[PDB]
S.K.: 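Please see the structure below; I have some questions.
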Protein chains: 2
Amino acid sequence: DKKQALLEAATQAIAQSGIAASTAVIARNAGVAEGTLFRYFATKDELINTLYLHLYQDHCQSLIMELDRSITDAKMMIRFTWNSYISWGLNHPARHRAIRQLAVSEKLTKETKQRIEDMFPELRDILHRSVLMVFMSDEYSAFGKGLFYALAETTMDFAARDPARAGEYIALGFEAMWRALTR
Amino acid sequence: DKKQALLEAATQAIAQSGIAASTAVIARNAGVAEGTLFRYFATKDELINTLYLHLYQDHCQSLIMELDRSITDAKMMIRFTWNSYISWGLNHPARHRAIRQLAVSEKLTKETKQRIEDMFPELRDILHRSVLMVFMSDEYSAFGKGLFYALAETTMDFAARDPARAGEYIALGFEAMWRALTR
Ligand SMILES: COc1cc2c(cc1OC)[C@H]1Cc3ccc(OC)c(OC)c3CN1CC2
Ligand SMILES: COc1cc2c(cc1OC)[C@H]1Cc3ccc(OC)c(OC)c3CN1CC2
């Protein structure tokens, strides 16, 4: 649909030009009038919230399928989630570049945040037992996600530039992320 | 001099368009012919190395002056260095955006890396006792710097967007950086 085209154009524009990207640019790049964009997303805020759910789901749905019926401890599940996320961002640079800006956005609604939290219950539960309490507070939750994405971004940058050592940067990134964010 | 203008234009271009930025763009933005740029920096590699020393020194020289004749432990000195760095990046976004790309560049020479290491001996010594050994290895030194800059960047982004909580994001960033990078 045009909706998927819009979502893709919004991913590219936000990855490239930041979360501030124009609805005009986004509409133009999807090959539609801006008025058409507005029929699908009345507000930039709606677009941020919908795009974030769509991109989060793009990664999360494949991860849920891979992990299903495994028995993991907290750290194992979290390492799988981290390695999966780096793979996804390597495969889909713009998706990662857009999502890490969306996830820390002031414009996310409580409903959206709750949907993201509950999309993968097994992981939510593991994170609740593992994440430093400060980074599950209303005030600092987005900052803890930001730090994850920052470390993930660095990891992807080194893995892409020096693919010979990709797994080493992913493991070292994971280890630093774990220390930085867990109890 | 034109050299300072070139360094400033190279800071802006690299911050904006990445370490890949054109010598033509850089020369144009400094108001000189590209041939003139080449009289000051024969190679893009020379420009990366010189710009990185210049920007590192821009922060480090003021930090050395502030810390002089203090008695600090490792962690105190490192917290001062981190808070100083966030202040600098808030005051000088392009300087931070350029430097974090320069510092992980494959084009840095051994001489440059050694000059950066030795510019502030007291801090070098403290870091040698504090930094995880992996992040002082030849192979992963740049990756450990990258992770620092990533966490610093996130911290600056939240401190700039939500200045009411700047010190809280700086302290939480510092705490995560410390866990991620130290023994
Ligand atoms: C787009 O796909 C994802 C992105 C993210 C996630 C999970 C995702 O897929 C399921 C998780 C994964 C994760 C790991 C470890 C954490 O702290 C120890 C953590 O809290 C800060 C977080 C919270 N989220 C960070 C961003
Ligand atoms: C541009 O100015 C600076 C940038 C940086 C530095 C110091 C600087 O000014 C003196 C230091 C500060 C610092 C802290 C803690 C570290 O690990 C615990 C560390 O190793 C990774 C590093 C290494 N460098 C990161 C980048």
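Convention: sequence-line order gives letters A, B, ...; per-chain numbering from 1. Because only heavy atoms are used, hydrogens play no part in the values below, and waters and symmetry mates are left out as well, while side chains stay in. Atoms within each ligand, like the ligands themselves, are counted from 1 in listed order.
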S.K.: Which compound, drug or drug candidate, is present at ligand 1?
M.R.: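 You're looking at rotundine.
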S.K.: Okay, contact question: for rotundine (ligand 1), which chain racks up the most heavy-atom pairs under 4.5 Å? Name from the PDB entry, please.
M.R.: rotu4
S.K.: If a contact means heavy atoms under 4.0 Å apart, which other chains contact rotundine (ligand 1)?
M.R.: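 By letter, the heavy-atom neighbours are A.
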S.K.: With a non-hydrogen cut-off of 4.0 Å, what is the binding site of rotundine (ligand 1)?
M.R.: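 Non-hydrogen contacts come from A/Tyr56, A/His59, A/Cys60, A/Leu63, A/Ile78, A/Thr81, A/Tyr85, A/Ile99, A/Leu123, A/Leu127, A/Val131, A/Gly144, A/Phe148, A/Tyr149, A/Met177, A/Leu181, A/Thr182.
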S.K.: Measure from atom 7 (C) of rotundine (ligand 1) to the protein's non-hydrogen atoms and state whether any distance is below 4.0 Å.
M.R.: yes
S.K.: List rotundine (ligand 1) atoms under 4.0 Å from A/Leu63, heavy atoms only on the residue side.
M.R.: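 Numbered from 1, rotundine (ligand 1) contributes 10 (C).
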S.K.: Which residue owns the protein heavy atom closest to atom 5 (C) of rotundine (ligand 1), what's the atom, and how far is it?
M.R.: A/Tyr149 OH, 3.8 Å
S.K.: Report the nearest protein non-hydrogen atom to atom 19 (C) of rotundine (ligand 1): residue, atom name, distance rounded to 0.1 Å.
M.R.: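 Looking only at protein heavy atoms, the one closest to atom 19 (C) of rotundine (ligand 1) is A/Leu127 CD2, 4.0 Å.
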S.K.: For A/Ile99, take its heavy atoms, then give the atoms of rotundine (ligand 1) lying under 4.0 Å from any of them.
M.R.: 1 (C)
S.K.: Starting from atom 24 (N) of rotundine (ligand 1), find the nearest protein heavy-atom neighbour and note its residue, name and distance.
M.R.: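 Going atom by atom, the protein heavy atom closest to atom 24 (N) of rotundine (ligand 1) ends up being A/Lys145 NZ, 4.5 Å.
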S.K.: Nearest protein heavy atom to atom 3 (C) of rotundine (ligand 1), by residue and atom, and its distance?
M.R.: A/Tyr56 CE1, 3.5 Å
S.K.: Students should be able to answer this: which protein heavy-atom is nearest to atom 18 (C) of rotundine (ligand 1), and at what distance?
M.R.: A/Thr182 CG2, 3.2 Å
S.K.: Which heavy atom of the protein is the closest neighbour of atom 2 (O) of rotundine (ligand 1), given with residue, atom name and distance?
M.R.: A/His59 ND1, 2.9 Å
S.K.: For atom 20 (O) of rotundine (ligand 1), which protein heavy atom lies nearest, and how many Å away is it?
M.R.: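 Closest protein heavy atom to atom 20 (O) of rotundine (ligand 1): A/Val131 CG2, 3.7 Å.
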S.K.: How far is atom 12 (C) of rotundine (ligand 1) from its nearest protein heavy atom, and which residue and atom is that?
M.R.: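 Result for atom 12 (C) of rotundine (ligand 1): A/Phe148 CE1, 3.8 Å.
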S.K.: Please list, in number order, the atoms of rotundine (ligand 1) under 4.0 Å from a heavy atom of A/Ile78.
M.R.: 14 (C), 15 (C)
S.K.: Below 3.5 Å only, please: the N or O atoms of rotundine (ligand 1) paired with protein N or O atoms, distance on each line.
M.R.:
{"residue": "rotundine (ligand 1)", "atom": "2 (O)", "partner": "A/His59", "partner atom": "ND1", "Å": "2.9"}
{"residue": "rotundine (ligand 1)", "atom": "9 (O)", "partner": "A/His59", "partner atom": "ND1", "Å": "3.0"}

